[PDB]
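Structure note - resiquimod present.
Order of the sequence lines sets the chain letters (A, B, ...), proteins ahead of strands, with each chain counted from 1. First listed ligand is number 1; within each ligand, the first listed atom is number 1.
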Amino acid sequence: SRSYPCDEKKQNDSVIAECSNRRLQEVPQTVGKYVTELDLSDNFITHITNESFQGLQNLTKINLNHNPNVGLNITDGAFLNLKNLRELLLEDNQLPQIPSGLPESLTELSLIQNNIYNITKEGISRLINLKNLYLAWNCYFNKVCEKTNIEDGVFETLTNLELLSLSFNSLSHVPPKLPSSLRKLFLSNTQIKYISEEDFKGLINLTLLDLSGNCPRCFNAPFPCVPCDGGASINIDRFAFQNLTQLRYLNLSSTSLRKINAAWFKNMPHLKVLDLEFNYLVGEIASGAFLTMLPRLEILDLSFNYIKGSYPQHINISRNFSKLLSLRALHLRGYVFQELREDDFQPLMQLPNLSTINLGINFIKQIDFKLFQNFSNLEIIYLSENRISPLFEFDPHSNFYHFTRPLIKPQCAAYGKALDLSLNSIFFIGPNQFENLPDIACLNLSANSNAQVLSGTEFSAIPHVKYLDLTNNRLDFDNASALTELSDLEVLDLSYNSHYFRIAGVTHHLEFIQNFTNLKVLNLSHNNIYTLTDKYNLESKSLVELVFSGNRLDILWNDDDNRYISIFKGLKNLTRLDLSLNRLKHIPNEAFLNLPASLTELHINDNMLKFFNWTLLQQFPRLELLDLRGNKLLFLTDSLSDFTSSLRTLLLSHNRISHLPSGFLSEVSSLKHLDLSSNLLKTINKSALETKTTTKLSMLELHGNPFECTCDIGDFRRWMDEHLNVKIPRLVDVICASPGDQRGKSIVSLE
Amino acid sequence: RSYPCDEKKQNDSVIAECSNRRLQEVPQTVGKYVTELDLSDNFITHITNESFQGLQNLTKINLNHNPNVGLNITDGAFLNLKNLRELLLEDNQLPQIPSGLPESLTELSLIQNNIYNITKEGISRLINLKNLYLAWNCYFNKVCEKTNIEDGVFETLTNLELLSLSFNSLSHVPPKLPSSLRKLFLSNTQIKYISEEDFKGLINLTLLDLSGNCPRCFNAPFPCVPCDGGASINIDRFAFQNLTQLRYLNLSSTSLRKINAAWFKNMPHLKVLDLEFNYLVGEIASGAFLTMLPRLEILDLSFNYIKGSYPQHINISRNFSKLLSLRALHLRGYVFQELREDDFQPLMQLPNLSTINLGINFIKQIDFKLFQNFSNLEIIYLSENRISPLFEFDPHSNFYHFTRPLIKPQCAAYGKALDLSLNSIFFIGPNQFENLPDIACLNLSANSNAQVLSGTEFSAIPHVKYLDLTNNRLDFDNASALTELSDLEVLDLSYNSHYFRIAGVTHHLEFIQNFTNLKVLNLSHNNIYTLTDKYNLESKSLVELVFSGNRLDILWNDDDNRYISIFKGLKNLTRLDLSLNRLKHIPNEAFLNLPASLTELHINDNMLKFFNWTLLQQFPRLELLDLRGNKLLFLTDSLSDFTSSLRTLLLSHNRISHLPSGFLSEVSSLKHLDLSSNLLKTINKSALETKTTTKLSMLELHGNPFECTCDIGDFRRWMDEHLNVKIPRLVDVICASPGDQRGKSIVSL
Ligand SMILES: *[C@@H]1O[C@H](CO)[C@@H](O[C@@H]2O[C@H](CO)[C@@H](O[C@@H]3O[C@H](CO[C@H]4O[C@H](CO)[C@@H](O)[C@H](O)[C@@H]4O)[C@@H](O)[C@H](O[C@H]4O[C@H](CO)[C@@H](O)[C@H](O)[C@@H]4O)[C@@H]3O)[C@H](O)[C@H]2NC(C)=O)[C@H](O)[C@H]1NC(C)=O
Ligand SMILES: *[C@@H]1O[C@H](CO)[C@@H](O[C@@H]2O[C@H](CO)[C@@H](O[C@@H]3O[C@H](CO[C@H]4O[C@H](CO)[C@@H](O)[C@H](O)[C@@H]4O)[C@@H](O)[C@H](O[C@H]4O[C@H](CO)[C@@H](O)[C@H](O)[C@@H]4O)[C@@H]3O)[C@H](O)[C@H]2NC(C)=O)[C@H](O)[C@H]1NC(C)=O
Ligand SMILES: *[C@@H]1O[C@H](CO)[C@@H](O[C@@H]2O[C@H](CO)[C@@H](O[C@@H]3O[C@H](CO[C@H]4O[C@H](CO)[C@@H](O)[C@H](O)[C@@H]4O)[C@@H](O)[C@H](O[C@H]4O[C@H](CO)[C@@H](O)[C@H](O)[C@@H]4O)[C@@H]3O)[C@H](O)[C@H]2NC(C)=O)[C@H](O)[C@H]1NC(C)=O
Ligand SMILES: *[C@@H]1O[C@H](CO)[C@@H](O[C@@H]2O[C@H](CO)[C@@H](O[C@@H]3O[C@H](CO[C@H]4O[C@H](CO)[C@@H](O)[C@H](O)[C@@H]4O)[C@@H](O)[C@H](O[C@H]4O[C@H](CO)[C@@H](O)[C@H](O)[C@@H]4O)[C@@H]3O)[C@H](O)[C@H]2NC(C)=O)[C@H](O)[C@H]1NC(C)=O
Ligand SMILES: *[C@@H]1O[C@H](CO)[C@@H](O[C@@H]2O[C@H](CO)[C@@H](O[C@@H]3O[C@H](CO)[C@@H](O)[C@H](O)[C@@H]3O)[C@H](O)[C@H]2NC(C)=O)[C@H](O)[C@H]1NC(C)=O
Ligand SMILES: *[C@@H]1O[C@H](CO)[C@@H](O[C@@H]2O[C@H](CO)[C@@H](O[C@@H]3O[C@H](CO)[C@@H](O)[C@H](O)[C@@H]3O)[C@H](O)[C@H]2NC(C)=O)[C@H](O)[C@H]1NC(C)=O
Ligand SMILES: CCOCc1nc2c(N)nc3ccccc3c2n1CC(C)(C)O
Ligand SMILES: CCOCc1nc2c(N)nc3ccccc3c2n1CC(C)(C)O
Ligand SMILES: *[C@@H]1O[C@H](CO)[C@@H](O)[C@H](O)[C@H]1NC(C)=O
Ligand SMILES: *[C@@H]1O[C@H](CO)[C@@H](O)[C@H](O)[C@H]1NC(C)=O
Ligand SMILES: *[C@@H]1O[C@H](CO)[C@@H](O)[C@H](O)[C@H]1NC(C)=O
Ligand SMILES: *[C@@H]1O[C@H](CO)[C@@H](O)[C@H](O)[C@H]1NC(C)=O
Ligand SMILES: *[C@@H]1O[C@H](CO)[C@@H](O)[C@H](O)[C@H]1NC(C)=O
Ligand SMILES: *[C@@H]1O[C@H](CO)[C@@H](O)[C@H](O)[C@H]1NC(C)=O
Ligand SMILES: *[C@@H]1O[C@H](CO)[C@@H](O)[C@H](O)[C@H]1NC(C)=O
Ligand SMILES: *[C@@H]1O[C@H](CO)[C@@H](O)[C@H](O)[C@H]1NC(C)=O
Ligand SMILES: *[C@@H]1O[C@H](CO)[C@@H](O)[C@H](O)[C@H]1NC(C)=O
Ligand SMILES: *[C@@H]1O[C@H](CO)[C@@H](O)[C@H](O)[C@H]1NC(C)=O
Ligand SMILES: *[C@@H]1O[C@H](CO)[C@@H](O)[C@H](O)[C@H]1NC(C)=O
Ligand SMILES: *[C@@H]1O[C@H](CO)[C@@H](O)[C@H](O)[C@H]1NC(C)=O
């Protein structure tokens with residue numbers, strides 16, 4: 001009664017089947033009859049018939065995206081027997097037509113990324129319960145494809161349709177006879193040059209309209225882009241939006257706009273998000289009558305409207321920006337200007353809820369920082385990727401014109417006001433650099449090629465920084481007072497500052513670490529640390545997590561050198577230590593015993609350990625997680641229970657373990673998760689996993705072992721049957737390497 | 001075929017390379033004709049009379065690093081070897097010098113062991129010794145004993161030329177050294193004092209190494225023990241008075257604060273003087289000793305900085321003008337802020353001075369015009385400063401500095417070289433390079449340069465032929481970039497991915513077409529995936545393009561036609577590196593647009609599941625094709641249909657499962673075929689069918705999971721019948737199955 005090939009998972013009172021990416025040649029007939037959702041994506045399935053899903057009474061969702069994985073044949077009426085089927089994902093299946101006889105019960109159908117150039121009544125009109133219909137990306141770029149034929153009135157019978165996406169197809173015109181139930185209409189990149197008055201006239205419920213990419217701005221496009229003749233603007237009739245009273249979202253990115261008709265927004269009192277990226281609106285940004293029409297606008301994106309070849313001294317912001325009373329975020333990337341002056345952002349300064357200013361990628365050379373102070377509620381000052389100095393490749397489910405990840409890492413932003421100056425050229429922080437700023441909590445100085453010696457005075461003007469990112473610089477740690485002016489500092493990321501650390505002959509000082517009363521997380525990764533000056537030990541009463549990966553503990557803990565034997569011992573509060581990627585072949589016993597007894601989580605993965613002393617776990621009574629993945633370990637103790645009472649997770653994947661000793665699991669009651677995958681186990685003896693006492697083992701990973709599928713595997717097979725509480729994932733990847741004829745088969749399948 | 005060793009005859013020598021082979025004992029299958037034998041890095045734990053008992057022809061044995069994961073040698077184990085000359089026993093954890101070693105020995109190496117007693121019984125009867133290495137037996141924080149040197153132990157060694165006792169605790173120079181000595185290494189031996197009598201007899205001495213005695217310990221990257229109070233080594237006035245032939249003196253890290261000029265009174269041929277890691281800032285300023293060295297060619301004064309001191313200027317004595325033969329001056333780690341023209345006046349008088357090394361000095365500013373006032377200056381090494389817009393240790397290498405060239409020989413070969421790497425010249429202004437000499441070789445690597453090169457930046461040094469701009473942030477937004485360098489031949493733009501990764505900014509590589517002499521171009525690791533307006537790279541001159549570590553997977557995406565001819569315009573190209581481009585497949589049209597001139601094509605380390613072999617028809621000059629590290633499972637039936645120029649095919653680290661009939665005899669042009677690390681059970685006779693004999697030379701097959709049954713017999717016969725065909729490391733060509741033959745070489749059955 002152990003499910004195969006799928007993995008069943010409890011989700012919200014129901015069981016779903018995860019069966020994706022398992023090299024399945026066809027729909028498995030062993031799917032649990034009670035499953036409500038079935039993910040069969042990324043397999044090699046080529047055929048779907050009315051026999052594929054028999055008996056699955058309560059199946060509401062099927063994902064068949066990407067079959068076969070590098071044409072899916074679906075018979076007429078194949079899904080008709082599934083009475084509860086609501087959502088059917090058929091993306092990236094090379095479909096030539098919409099499948100015939102789709103179930104009337106469908107509320108969601110996705111046919112994205114196929115070869116469908118004809119939307120017919122035979123295919124669609126009978127699907128009267130459809131709410132969401134995705135037909136995007138069937139004909140686009142330089143793909144060899146036909147222009148899309150939309151049968152007249154095909155969508156007319158879809159009276160519950162709320163979302164229609166037709167983006168990235170050749171449409172030429174907005175389809176007539178759209179149902180008035182529509183809430184979201186996606187028509188991006190459809191080669192529509194003209195929007196008439198009758199196009200959207202009857203869509204009184206529309207909350208989103210996407211017309212982006214029609215008459216695109218094609219200069220420097222990272223895709224094959226074809227402009228309207230002459231690079232003309234999209235042509236939107238004066239009355240084209242007169243009846244869209246409920247509109248909240250309007251995307252007009254890359255429509256080659258030079259002029260925004262203010263009348264378009266006359267009847268849109270709820271417009272909340274306006275996307276105007278990749279146009280030619282520098283003029284409109286400066287004057288902009290339309291800006292007076294949007295008192296409820298929360299997000300305005302005007303990025304990449306730069307004038308080709310133009311590098312003006314200043315940005316020109318209309319006084320009418322002051323009329324955007326509800327504005328929360330303003331995105332002004334790729335405007336391109338040399339200098340940000342205080343008077344230039346005047347109109348923005350009285351906006352009550354404006355919390356985000358995004359000025360990335362403007363080649364700004366200099367800024368008058370005191371201006372941000374004159375704002376009302378600024379939480380995020382994003383100035384990444386400028387020139388500031390001292391003193392299919394496109395995801396069809398993502399935004400096409402910008403990334404959607406947060407501007408600031410949420411862990412950093414959570415502390416408070418953020419200033420992102422990453423990817424600039426602040427190579428030196430002088431006495432006055434950070435004066436007249438707001439109370440910054442989150443400061444990003446990553447990749448500024450800063451080579452200075454932090455001395456303890458640089459951040460004095462912003463003394464309440466909690467999270468400081470100084471990664472990817474070339475910092476010279478030659479002063480024990482470095483960063484000490486930041487008394488409340490909790491997170492310090494110093495990753496990738498290896499420049500000076502790798503030079504044996506210069507001085508290196510890390511003693512400043514001990515000064516902080518509140519420092520919790522310190523990342524020293526990829527710094528090539530192998531030698532320190534005078535003080536060889538890291539010390540801190542507060543530090544909870546140290547990432548020391550990508551350094552040279554192999555040199556630090558070299559047998560002929562005693563000096564670094566206690567390097568981490570003074571981190572009394574430490575619970576997480578990452579020692580991965582340190583080229584470790586062995587850890588001296590005395591060095592290992594000098595690791596903080598307070599550790600709950602220890603990572604030594606991706607080294608070259610040929611040796612591990614399991615006995616030393618006796619000195620780590622709080623240790624819960626031990627990660628030894630990706631080493632060269634051959635040996636497993638048979639006495640683990642004598643060495644730990646606390647270990648919950650033991651990760652041993654990608655090692656050279658070929659034998660599981662008798663009584664390995666005996667009396668280790670704490671162990672919940674054992675990962676032995678990608679090792680050299682040929683079998684598992686009865687006595688290996690046997691126990692008399694209580695065991696809370698709930699996960700055992702074994703995939704990627706060269707199992708011997710003779711009768712010697714019978715005992716473990718029996719053990720699997722008697723322990724269904726113990727999940728073994730990727731059973732299709734738990735594979736017989738022998739005998740010659742049983743090769744490639746799952747061990748779960750054997751007479 | 002030799003097993004397990006790889007035996008090769010080289011100019012009146014026969015060498016068996018048997019190293020790193022997991023050997024558990026000395027093989028009895030060594031060829032009798034073998035002279036030099038390398039058994040290093042195996043698991044041999046025992047050496048006896050029986051071990052080499054069959055081999056009387058051995059002149060050289062290397063047993064270093066055995067066993068890799070202590071080596072036991074019986075008394076007289078090597079004694080029956082009459083021709084044994086060189087014996088290498090390094091890193092074997094030997095507790096003593098092996099007893100009964102053969103008197104025929106001329107070189108013996110006991111480096112990196114546990115030997116703490118140097119005795120007559122072990123050494124004194126080895127009369128023919130020239131080179132004796134005993135270094136690194138007791139050092140740093142190793143648990144070990146003081147070295148005992150039995151009185152007169154070296155006295156019978158009257159042919160001894162080289163003696164190395166470095167990194168052992170000696171405390172004194174051993175007495176009664178043979179006068180035949182040419183080189184004496186005594187580094188890091190805790191010798192505080194040098195008397196007049198210590199080197200008295202050594203009339204033939206050309207090298208003396210006394211480094212690391214009374215060391216300078218501040219910031220040492222090793223366990224370092226200073227003399228009491230950090231005092232200097234104590235060298236008597238007359239200590240060197242008889243060292244007439246000396247060419248090399250190493251006094252690095254001996255805590256010298258003073259050099260006695262009289263040390264060099266009788267030393268007229270001294271050539272290399274090493275004074276690193278001392279406290280010689282004062283002597284560098286005065287330096288009476290500088291008058292005593294007319295034939296000195298190399299002088300290393302690196303890392304003599306005063307602790308905590310950061311002076312404005314370097315103080316060079318006028319006496320430096322007396323070093324008329326000086327060729328290289330090394331002044332790293334002196335530490336000063338500014339170099340003025342007047343500070344180097346004494347050096348400008350030196351007729352042959354060709355290298356100045358000022359690395360790691362934290363220099364802020366340089367008056368570059370000073371470099372014009374040198375006649376023979378060929379290397380100006382200013383790497384790793386602060387210039388801005390205007391066991392852990394190899395016992396066989398130098399301990400105090402790296403020995404590699406300061407500047408790549410390929411760069412320096414063009415002429416006067418200037419290395420400004422690892423500085424802060426983040427943009428080049430109009431006057432940055434004025435008053436420089438005529439530079440042929442320029443390194444600007446790692447300067448955080450983010451500027452848009454515009455065609456004027458290098459006008460003052462227009463004859464640069466090799467330009468290294470790696471590891472910067474260059475913004476290629478101008479089509480005239482670098483065009484002022486008419487004679488440019490090698491251009492390295494590796495690791496400037498900063499702006500290439502941003503889609504929204506413009507990217508311009510059109511400048512490549514403007515050079516008439518550009519031969520080699522390195523565009524590696526730039527993450528290039530989009531270009532502005534011009535999608536093609538063009539050059540009539542370019543011979544080599546390195547495009548590794550970019551995004552050809554995106555450039556050659558199925559839905560995009562724009563980059564289909566990206567390399568077509570490189571008409572002279574013979575070598576193209578497309579490695580690390582995340583390629584799952586290459587569009588047929590894209591591959592056909594690769595330059596027909598190609599002789600060498602690397603597509604290694606991608607993710608290719610497919611390769612159209614027929615497309616090789618359009619490459620008549622193709623000789624090397626590198627397809628290593630992909631996912632390929634399919635070879636073409638008939639390869640000679642598609643190529644006749646192919647000399648080398650590298651298919652290792654793929655998923656190849658069967659070899660089509662006729663493959664191994666198919667291509668008359670093929671010499672080297674690499675099938676190592678694939679998925680092979682056998683090579684069938686079908687594949688070995690021969691109308692005509694193969695020109696094959698090398699065939700790599702190691703790492704394949706061969707099944708070992710009577711069906712390989714047909715391949716074994718082919719192995720025996722073709723010996724012109726070299727198949728390397730047969731001990732790693734190994735049966736995977738069945739269990740009894742598992743782990744064994746296919747030649748064993
Ligand atoms: C023009 O501008 C308009 C308005 O901004 C853009 O419209 C957005 O389009 C994007 C991309 O299609 C939409 O983002 C996607 O939304 C899907 C629906 O999410 C809804 O429901 C889920 C849960 O049911 C909620 O969590 C969510 O808040 C919504 O209520 C998501 O399923 C998508 O996420 C999935 O895919 C992404 C990308 O692979 C993964 O990262 C996720 O993990 C997940 O698997 C995705 O978030 C967005 O909803 C649209 N906005 C609105 C308001 O509808 C246009 O994209 C833009 N035009 C172009 C061409 O750029
Ligand atoms: C220098 O080193 C530091 C310290 O390690 C790194 O910063 C940490 O980065 C890790 C990721 O590697 C962060 O851990 C992840 O954080 C996410 C936090 O999500 C928050 O909100 C969610 C709900 O949305 C909550 O569940 C959660 O409590 C948080 O409040 C999690 O989503 C992640 O969990 C997922 O992945 C991990 C494996 O990576 C699994 O363990 C989880 O089960 C789950 O699958 C994860 O926890 C961590 O928060 C960062 N710490 C800080 C202080 O920022 C730096 O990235 C590193 N610098 C460099 C350059 O590498
Ligand atoms: C104090 O200063 C003195 C004077 O400079 C230093 O003396 C040098 O010491 C180094 C390091 O031991 C010597 O370098 C080694 O020389 C060996 C001898 O090679 C000679 O003969 C070979 C032919 O076999 C010639 O090719 C060569 O030109 C020489 O004539 C080499 O065999 C060594 O190379 C081997 O090991 C290295 C490193 O692993 C590899 O790179 C090579 O591939 C090779 O396998 C090595 O180069 C040097 O000879 C000494 N100088 C002189 C003139 O004798 C002291 O080292 C220094 N003290 C300290 C402690 O630094
Ligand atoms: C950007 O890309 C460029 C161009 O590829 C790189 O520059 C080249 O780097 C390679 C090293 O990978 C250099 O090739 C090497 O040259 C050495 C010097 O050759 C001299 O001596 C040989 C024989 O004595 C002569 O044939 C030659 O004329 C020279 O006089 C060789 O010793 C090396 O040989 C090694 O490889 C070959 C097989 O390829 C073997 O036969 C050898 O046994 C040995 O293993 C090698 O050929 C090359 O010289 C460089 N070219 C230039 C113009 O500098 C840059 O490194 C790269 N930049 C970055 C950052 O990666
Ligand atoms: C400080 O600024 C730097 C530079 O902008 C920020 O680095 C960027 O961080 C983001 C978020 O982690 C990275 O994007 C992510 O990459 C991962 C792995 O590729 C991907 O899985 C995510 O979906 C996301 O795309 C981005 O690569 C990185 N940029 C660079 C050049 O390093 C950093 O986050 C900032 N730090 C703080 C505290 O905000
Ligand atoms: C310009 O300056 C840069 C920075 O100094 C030079 O880079 C350095 O190049 C040397 C020579 O290749 C590297 O040393 C070598 O490394 C290889 C690979 O690890 C090793 O096999 C060799 O034995 C040798 O140690 C060195 O790592 C590298 N330094 C850095 C920081 O990249 C560059 O060579 C200079 N260019 C020219 C043309 O002189
Ligand atoms: C050859 C270097 O010896 C030690 C050293 N390390 C550093 C360092 N990490 N940074 C420095 C920054 C400015 C000036 C001097 C130094 C410096 N220095 C020089 C000095 C100030 C004399 O210690
Ligand atoms: C969002 C930018 O779009 C195009 C662009 N690319 C670059 C570039 N690679 N570098 C620049 C350097 C200085 C000033 C402007 C630019 C620039 N610019 C701006 C402009 C001068 C208008 O082309
Ligand atoms: C479908 O769901 C019902 C509960 O609504 C459940 O009783 C029934 O067993 C399920 N059918 C199958 C075949 O599992
Ligand atoms: C500002 O935001 C708050 C909620 O965060 C909202 O209640 C208020 O109406 C907003 N003010 C304006 C001017 O829209
Ligand atoms: C660190 O730098 C400050 C400011 O330059 C200086 O006052 C202090 O002496 C330095 N601390 C040291 C040398 O450890
Ligand atoms: C140790 O870490 C815990 C959890 O982060 C924290 O509450 C405590 O303040 C730390 N101890 C000290 C002494 O800072
Ligand atoms: C493991 O550690 C213990 C010290 O607790 C030591 O006695 C034992 O020798 C170690 N095992 C090995 C083989 O290093
Ligand atoms: C060395 O090898 C001999 C066998 O020739 C053995 O008898 C002796 O015990 C070994 N000595 C040591 C200490 O290993
Ligand atoms: C040593 O040198 C002096 C000359 O400086 C000479 O008188 C004496 O004979 C020499 N001794 C030897 C051993 O040659
Ligand atoms: C300088 O080197 C040249 C060889 O190019 C040589 O003729 C001359 O003797 C050298 N001069 C001195 C003073 O060593
Ligand atoms: C140039 O070098 C000569 C020695 O050849 C020296 O006498 C003179 O002072 C130098 N001139 C300058 C301007 O440094
Ligand atoms: C490149 O830069 C130079 C100097 O600014 C300028 O004159 C020229 O117009 C530029 N070339 C272009 C934009 O192609
Ligand atoms: C082709 O390359 C070689 C250099 O390897 C050169 O001799 C020849 O001039 C090049 N062809 C042209 C047109 O530059
Ligand atoms: C290989 O390329 C040739 C074009 O010359 C084409 O005819 C053939 O179909 C291609 N083979 C494959 C499998 O793509």
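Here, the model contains resiquimod as ligands 7 and 8. Taking the chain with most contacts, the partner of resiquimod (ligand 8) here is, per UniProt, Toll-like receptor 8. Lab note: other chains with heavy atoms under 4.0 Å from resiquimod (ligand 8) -> A, B. Ranked by closest heavy atom to atom 8 (C) of resiquimod (ligand 8), the top entry among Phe363(A), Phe304(A), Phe476(B), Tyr335(A) is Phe363(A).
Applying the 4.0 Å criterion to heavy atoms of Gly504(B) picks out, from resiquimod (ligand 8), the atoms 1 (C), 2 (C), 3 (O). Regarding atom 20 (C) of resiquimod (ligand 8), its nearest protein heavy-atom neighbour is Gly309(A) N, 4.2 Å.
Atoms of resiquimod (ligand 8) lying under 4.0 Å from any heavy atom of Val505(B), numbered from 1 in the order shown and given with element: 6 (N), 9 (N).
The organism that the entry gives for chain A is Homo sapiens. In this structure, the protein non-hydrogen atom closest to atom 19 (C) of resiquimod (ligand 8) is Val336(A) CG2, 3.7 Å.
For resiquimod (ligand 8), none of its N or O atoms has an N or O atom of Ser310(A) under 3.5 Å away.
Distance from atom 5 (C) of resiquimod (ligand 8) to its nearest protein heavy atom, with residue and atom name: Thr506(B) OG1, 3.8 Å. Proximity of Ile307(A) to resiquimod (ligand 8), defined as any heavy-atom pair under 4.0 Å, is confined to the backbone N, CA, C and O atoms. Only side-chain heavy atoms of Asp475(B) come within less than 4.0 Å of resiquimod (ligand 8); its backbone N, CA, C and O stay farther off. At a heavy-atom cut-off of 4.0 Å, the residues contacting resiquimod (ligand 8) are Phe304(A), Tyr306(A), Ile307(A), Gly309(A), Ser310(A), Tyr311(A), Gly334(A), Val336(A), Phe363(A), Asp475(B), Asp477(B), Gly504(B), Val505(B), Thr506(B).
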